[PDB]
Amino acid sequence: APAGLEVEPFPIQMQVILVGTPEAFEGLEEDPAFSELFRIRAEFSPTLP
Amino acid sequence: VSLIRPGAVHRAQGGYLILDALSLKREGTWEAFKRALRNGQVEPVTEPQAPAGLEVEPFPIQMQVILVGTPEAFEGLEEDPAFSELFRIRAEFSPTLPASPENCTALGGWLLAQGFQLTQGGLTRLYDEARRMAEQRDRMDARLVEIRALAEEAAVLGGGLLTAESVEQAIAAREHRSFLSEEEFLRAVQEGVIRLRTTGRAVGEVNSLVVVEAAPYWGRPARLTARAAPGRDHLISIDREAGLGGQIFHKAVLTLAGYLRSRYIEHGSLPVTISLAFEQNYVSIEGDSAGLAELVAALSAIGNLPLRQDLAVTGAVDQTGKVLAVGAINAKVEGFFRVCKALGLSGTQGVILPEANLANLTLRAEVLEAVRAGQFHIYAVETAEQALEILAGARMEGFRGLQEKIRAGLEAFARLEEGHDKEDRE
Amino acid sequence: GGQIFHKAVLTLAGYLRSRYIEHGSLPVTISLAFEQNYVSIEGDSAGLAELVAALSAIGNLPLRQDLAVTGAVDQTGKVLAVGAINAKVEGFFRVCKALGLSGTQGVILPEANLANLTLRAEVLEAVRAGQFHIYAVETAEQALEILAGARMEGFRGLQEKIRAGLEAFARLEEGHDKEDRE
Amino acid sequence: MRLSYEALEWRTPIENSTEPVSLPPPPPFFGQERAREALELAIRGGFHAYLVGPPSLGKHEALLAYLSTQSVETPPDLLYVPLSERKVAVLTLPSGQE
Amino acid sequence: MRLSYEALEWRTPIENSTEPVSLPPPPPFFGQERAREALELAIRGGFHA
Ligand SMILES: *[B]([O])([O])[C]([C][C]([C])[C])[N]C(=O)[C]([C]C1=[C][C]=[C][C]=[C]1)[N]C(=O)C1=[C]N=[C][C]=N1
Ligand SMILES: *[B]([O])([O])[C]([C][C]([C])[C])[N]C(=O)[C]([C]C1=[C][C]=[C][C]=[C]1)[N]C(=O)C1=[C]N=[C][C]=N1
């Protein structure tokens, strides 16, 4: 790109909801910023009664 | 000259430039940054396709850069002598602040500054939770954003007011949101898949306490079995021989092996071989927190001493027979209480923990209520002698003593090897 | 053999060491091999099978080959739960049916796995007809009693024969020593 | 020996769970007087400092607030001057002269 | 001891293999009340889950 628009930082109003397997997150839980950004852990039980 | 865009360094002139150690050692701009610092070489970067580039004359740097990062973020950057010569001032944040009423008042003022609404009870509960995070009764956790996140959770659970009940609700919800693993473990224990005994007395079996990894650490008992057989001294760690035990686990095993070797001397080398295994382990073991449990289990196996299965035993031990402090004692005690409650509290189940961890015992409300009601006990010891006295329900010194029984068991094992040698020679 | 397989082997070795004490160290050496294996082994599912096979070898106990044995064991001699019990039972039933059901073939599985026994229709029909059995045990003592078809305790029991076999092995070793010294 | 409940009760007693507290904002780096002193020395001496602490502790927010509390002489208006069609240098001038 | 067939029969008995069932749709995250509660908390509080 010969030039680029200087986009001003924008406040985030969305609520991101990550989805993944426990293995897909244990490789992402090692980042403290992940644990500080994503506080709510919604675990699906593998087996229902 | 009209197409150069100022960077962070250019607008940091006369002031301060805050940077993160991760964003430097990760994006590879650390070398360029330290050359811009030492030599004043700030070069507006250009794409390689550029047909030409302005020759930017080196600029003396007037800003004061203040790197921010974790100790791990800087130990990977301290190896450069240019860093140690450029950044002389080290501003270390203590992980834990002292637990003082002034500190609690400061925390409350900080929370009120954020926009929260604290009641006195809510502030008290938040301060107690901060003390619990630090795992110290006299220190409170300094991670203010963790407390702020808990405050936000309690605020949305209490409508906007941080009541003590609201904070307790937030704590319980946070515990329950990560309770699936412990719930499954409890179900497995109830079904008999993971056989644990929270009642009765079994020889050589001890409910060791184990803390799992992953999101908030849950303690859970792990049955430990020690079996004593005649043979030349070989205290076998089955979890280490199989390769599951870590370095510190092997260190603990060797430490208690040396204690056993040097404690019983009225024969030659230790005339028994002891096999130590975590039943239903199937996972790598790391750390030295089951040293006391291993030692008491081995002693019971040697002396044929039935150990009260209702008491879980934690704590490291040195090779002179003294219980050593361990980490995450709250998780261990609460996990054993959880398992005991799931099986139904017998009114005598308890946890044997090092005397040195009393300052770390910040137990939850339910565990404390159980202790007050007498439905759950917490024993504190400093030597393994006391721990085995509690488990076996007897005294080492004195006739029909635990020490006498262990000596008799070692004597019997030695005489059995002796009879085998007698048959070999005759 | 993997890490957990070695853990199981060591566990049952310790159980054998501590179970039989009327000599010095265990006077026998036991060789355990999966025949036609040729593949890496992982897991602790055959601890009970290994233990009963070792006990039979020690005591010269003929084990009923019609019964397949699964289940882990701890070093106090108690059968522990195992995974994929349905697959194990159905596979043994498949092999028995391929060779023709004898009316006595069965599977010895941990008592702790009863909540996991969700067998297929054909296996359940075979059990109902008596053409296939499912034994549940919690200690290896029961599994050996079932396999050898005798009662552990008692006169002419399995325990007496295992003790006699260990005594014979120690007798032969000390006879070798007697020759060495004279 | 068995620990009594009082020997185990660690929670600070609650006077009342009502009457919203009114407390003044604490000073930046409260309870972190070591880091505050180090950073004060860095600001006074014009050195380069680095903030070390366990992750998620508020180092960035506390440091930004404290630096906002600080004050300094008005920074000169720096700018780029073309020494030639090829050569440019950063020229610093007193504020307003730009 | 040998397990009887009744002690091994796990299948739920069938009332009839006909008469197509008519059942109302279950609530989302049925049997996953933990995840439902966590996600409700995230929606109410505007967090990232
Ligand atoms: B311990 O707390 O020292 C314990 C020792 C072991 C011999 C029973 N280990 C653990 O709890 C560790 C985590 C740990 C936390 C704090 C300090 C040191 C170690 N975890 C495990 O051993 C484990 C085992 N199985 C599954 C999960 N975690
Ligand atoms: B087991 O069920 O613990 C068993 C142990 C082995 C000594 C008979 N392991 C296995 O059967 C494993 C798969 C497995 C499933 C569930 C839990 C643990 C392990 N497979 C093998 O050992 C194997 C060997 N040869 C070929 C194929 N698979």
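Just so we're on the same page: letters track the sequence lines, and every chain starts at 1. Both counts, for ligands and for their atoms, begin at 1 and track the order of listing. Partial entry; contacts are within-part only.
At ligand 1 one finds the drug bortezomib (bound form). The chain that bortezomib (bound form, ligand 1) touches most here appears in the PDB entry under the name endopeptidase La.
With a cut-off of 4.0 Å on heavy atoms, the other chains touching bortezomib (bound form, ligand 1) are B. Taking 4.0 Å as the cut-off, B/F278 counts as a neighbour of bortezomib (bound form, ligand 1) on heavy-atom distance.
Not a single heavy atom of B/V326 sits closer than 4.0 Å to an atom of bortezomib (bound form, ligand 1). When heavy-atom distances to bortezomib (bound form, ligand 1) are checked against a 4.0 Å cut-off, B/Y217 has no atom that comes that close, whether in backbone or side chain.
Of all atoms in bortezomib (bound form, ligand 1), numbered sequentially from 1 with element shown, those under 4.0 Å from a heavy atom of B/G287 are 3 (O), 5 (C), 7 (C). Residue and atom in covalent linkage with bortezomib (bound form, ligand 1): B/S289 OG. For atom 16 (C) of bortezomib (bound form, ligand 1), the nearest protein heavy atom lies 4.0 Å away or farther.
Any N or O atom pair closer than 3.5 Å counts here, and B/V211 shares at least one such pair with bortezomib (bound form, ligand 1).
Scanning the protein for heavy atoms near atom 23 (C) of bortezomib (bound form, ligand 1), the closest one is B/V210 CG1, 3.5 Å. Shown in contact with B/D288 at under 4.0 Å from a heavy atom are these atoms of bortezomib (bound form, ligand 1), numbered in order with element: 3 (O). Which parts of bortezomib (bound form, ligand 1) touch B/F249 is read off a 4.0 Å heavy-atom cut-off, strictly below it: atoms 7 (C). By the 3.5 Å distance cut-off applied to N or O atoms, B/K332 is counted among the residues near bortezomib (bound form, ligand 1). Lab note: binding site of bortezomib (bound form, ligand 1), heavy atoms under 4.0 Å, is B/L209, B/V210, B/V211, B/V212, B/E213, B/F249, B/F278, B/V283, B/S284, B/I285, B/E286, B/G287, B/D288, B/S289, B/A290, B/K332.
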Expected rows: bortezomib (bound form, ligand 1) N/O, protein N/O, dist below 3.5 Å:
{"unit_1": "bortezomib (bound form, ligand 1)", "atom_1": "2 (O)", "unit_2": "B/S289", "atom_2": "OG", "d": "2.2"}
{"unit_1": "bortezomib (bound form, ligand 1)", "atom_1": "2 (O)", "unit_2": "B/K332", "atom_2": "NZ", "d": "2.7"}
{"unit_1": "bortezomib (bound form, ligand 1)", "atom_1": "3 (O)", "unit_2": "B/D288", "atom_2": "N", "d": "3.4"}
{"unit_1": "bortezomib (bound form, ligand 1)", "atom_1": "3 (O)", "unit_2": "B/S289", "atom_2": "N", "d": "2.7"}
{"unit_1": "bortezomib (bound form, ligand 1)", "atom_1": "3 (O)", "unit_2": "B/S289", "atom_2": "OG", "d": "1.7"}
{"unit_1": "bortezomib (bound form, ligand 1)", "atom_1": "9 (N)", "unit_2": "B/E286", "atom_2": "O", "d": "2.9"}
{"unit_1": "bortezomib (bound form, ligand 1)", "atom_1": "11 (O)", "unit_2": "B/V211", "atom_2": "N", "d": "2.9"}
{"unit_1": "bortezomib (bound form, ligand 1)", "atom_1": "11 (O)", "unit_2": "B/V211", "atom_2": "O", "d": "3.3"}
{"unit_1": "bortezomib (bound form, ligand 1)", "atom_1": "20 (N)", "unit_2": "B/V211", "atom_2": "O", "d": "2.8"}
{"unit_1": "bortezomib (bound form, ligand 1)", "atom_1": "22 (O)", "unit_2": "B/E286", "atom_2": "O", "d": "3.4"}
{"unit_1": "bortezomib (bound form, ligand 1)", "atom_1": "28 (N)", "unit_2": "B/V211", "atom_2": "O", "d": "3.2"}
{"unit_1": "bortezomib (bound form, ligand 1)", "atom_1": "28 (N)", "unit_2": "B/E213", "atom_2": "OE1", "d": "3.0"}
{"unit_1": "bortezomib (bound form, ligand 1)", "atom_1": "28 (N)", "unit_2": "B/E213", "atom_2": "OE2", "d": "3.3"}

